[PDB]
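Entry overview - Glucosyltransferase TcdB with afegostat in place.
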Amino acid sequence: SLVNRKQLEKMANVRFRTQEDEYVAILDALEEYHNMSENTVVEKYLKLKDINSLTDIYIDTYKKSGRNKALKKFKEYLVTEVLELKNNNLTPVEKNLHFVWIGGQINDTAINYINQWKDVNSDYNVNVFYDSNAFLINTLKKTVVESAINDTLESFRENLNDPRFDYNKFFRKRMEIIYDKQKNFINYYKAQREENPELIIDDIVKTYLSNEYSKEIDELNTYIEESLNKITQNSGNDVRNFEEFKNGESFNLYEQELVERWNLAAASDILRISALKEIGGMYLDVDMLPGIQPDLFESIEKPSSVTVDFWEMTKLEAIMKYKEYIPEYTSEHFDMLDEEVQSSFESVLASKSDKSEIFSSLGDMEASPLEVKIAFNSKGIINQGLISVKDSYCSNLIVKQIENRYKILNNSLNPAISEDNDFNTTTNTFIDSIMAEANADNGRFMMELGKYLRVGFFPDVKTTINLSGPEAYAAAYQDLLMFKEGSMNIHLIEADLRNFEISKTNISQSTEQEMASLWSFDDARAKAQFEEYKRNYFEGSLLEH
Ligand SMILES: O=c1ccn([C@@H]2O[C@H](COP(=O)(O)OP(=O)(O)O)[C@@H](O)[C@H]2O)c(=O)[nH]1
Ligand SMILES: OC[C@H]1CNC[C@@H](O)[C@@H]1O
Ligand SMILES: [Mn+2]
């Protein structure tokens, strides 16, 4: 229990000192809190917030006060009490599974993963969010990148056999051309905006494609129709019918990522938290699988020399080898084990006739009205799994974190874009604005933003995580525990974040599709892509008329 008024009066006592008005305000607010049995969890949190605010006013007003040490201890007690309020007052989570697949047709691989969740959660309504207006974004991005690859290989043909023209130099020159093609597209998009705003994204994208890359609108229309038909058959839920999201102050950010940046991961980041806030339930990336029954492989000991990641992937690969639930699932880890260990997996699985004996169900989940729970890995929290009741306090804090992060980004980036200059010029203008605008609080967040323009086009560019992804979640949890909004300087450690984490039992994260990121790539994949592009040029395109 949080200290009562008598107990704080004892802690912050200063003999023969008159009670300041600001001090009595804290004592009155504390006493009111202890008499809020009839009130909601959010009302109780907002009272604690008020008490923390009144305590900060006292400390800021009377800088040298003898009460200040005890009041700073009381501030620690308020944080502890928020955690007790969070952990002790749970309400049911709406039985909704939310997935997002935007920007193009959904692959059978995504559907096969989604179907594993449906099969062991018969009691759950499933939404696969898609955007009926933007099925051609993945096609636009692929077209433009392929064009920029060809133009780079052509322009630097003479240098391609030179090892000093490495993968890094290739991606730098390609980015110059990609930025000009993206600038050409957005200067086109916003010119066309102010002709017929009753044209959907796919309509304007078809004219860019079947103008300047000579694509067949017959086949593009077929692609849209097959995409709409397929998603409609697989629990499709259209973003364009989600009115609170369309009307809200994050929709412009969604459309920025979807249409200007072609970052479907960032767009999914913005949409998923609005789906949780507005509907409640559990969000999952399409590369996530249900938790494995915790004791399924209890009888098989992990080899000492092998990583946790190797062992978790081998368990899913064993399931898919012998039960074949997901066709064409890799066995690349499982195949590294000798016949003895392989046979132990086979004999464990040979005695199970139903998927419910392999994969666990979510069942009846509960969470705090205050919180959003987040998945985690050895590197920290990750928003590939989220649980929230409808209109949770944290869902609102996360939306506002994302909005504030985009406010700061766009304030420095958008001037540069609008000055019709090339990639490197735009980059330096942007970076100069960042270093000029940086302050003590937000400084560290700034400087994580410098590579924003490169997201999806360069190896090891992860800016999305700092804007719409995990950092926004950590900052929202800091907002909740520090009774404020707009935390930019994150000091939470894993002990703090552990209170907001989804149990490992509720998600299998170590899947085949999880190892293949759709919006980022590492140096090894970059080197291999560069070798692939030179091969397809020298042995393919160069030899053609
Ligand atoms: O063309 C795409 C690519 C990505 N995504 C969304 O972005 C999420 C994150 O993708 P990914 O798992 O590649 O990100 P990572 O786990 O590598 O950070 C996916 O689950 C989708 O909801 C999408 O909707 N369409
Ligand atoms: O924030 C970008 C991405 C980070 N990795 C997990 C994904 O769900 C997310 O979109
Ligand atoms: Mn993933």
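The PDB entry numbering applies to chain A: residues 2-546, in that order. Counting convention: from 1, in listed order, for ligands and their atoms alike.
Every copy of afegostat included, the relevant parts of the model are ligand 2. Applying a heavy-atom cut-off of 4.0 Å to afegostat picks out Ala266, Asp270, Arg273, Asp286, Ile383, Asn384, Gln385, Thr465, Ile466, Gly470, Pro471, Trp520. The shortest contact between atom 1 (O) of afegostat and any protein heavy atom is with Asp270 OD2, 2.6 Å. Which parts of afegostat touch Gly470 is read off a 4.0 Å heavy-atom cut-off, strictly below it: atoms 1 (O). Listed in the PDB entry as the source organism of chain A is Clostridioides difficile. For atom 7 (C) of afegostat, the closest non-hydrogen atom of the protein is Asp286 OD2, 3.3 Å.
Remark: afegostat and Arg273 share an N or O pair separated by less than 3.5 Å (distance only, no angle test). Nearest protein heavy-atom neighbour of atom 6 (C) of afegostat: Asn384 OD1, 3.5 Å. In this structure, atom 3 (C) of afegostat lies nearest to the protein heavy atom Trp520 NE1, 3.8 Å.
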Can you give me a line-by-line list of nitrogen or oxygen pairs between afegostat and the protein shorter than 3.5 Å?
{"residue": "afegostat", "atom": "1 (O)", "partner": "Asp270", "partner atom": "OD1", "Å": "3.4"}
{"residue": "afegostat", "atom": "1 (O)", "partner": "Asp270", "partner atom": "OD2", "Å": "2.6"}
{"residue": "afegostat", "atom": "8 (O)", "partner": "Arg273", "partner atom": "NH1", "Å": "2.7"}
{"residue": "afegostat", "atom": "8 (O)", "partner": "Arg273", "partner atom": "NH2", "Å": "3.4"}
{"residue": "afegostat", "atom": "8 (O)", "partner": "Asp286", "partner atom": "OD1", "Å": "3.4"}
{"residue": "afegostat", "atom": "8 (O)", "partner": "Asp286", "partner atom": "OD2", "Å": "2.5"}
{"residue": "afegostat", "atom": "10 (O)", "partner": "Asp270", "partner atom": "OD1", "Å": "2.8"}
{"residue": "afegostat", "atom": "10 (O)", "partner": "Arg273", "partner atom": "NH2", "Å": "3.1"}

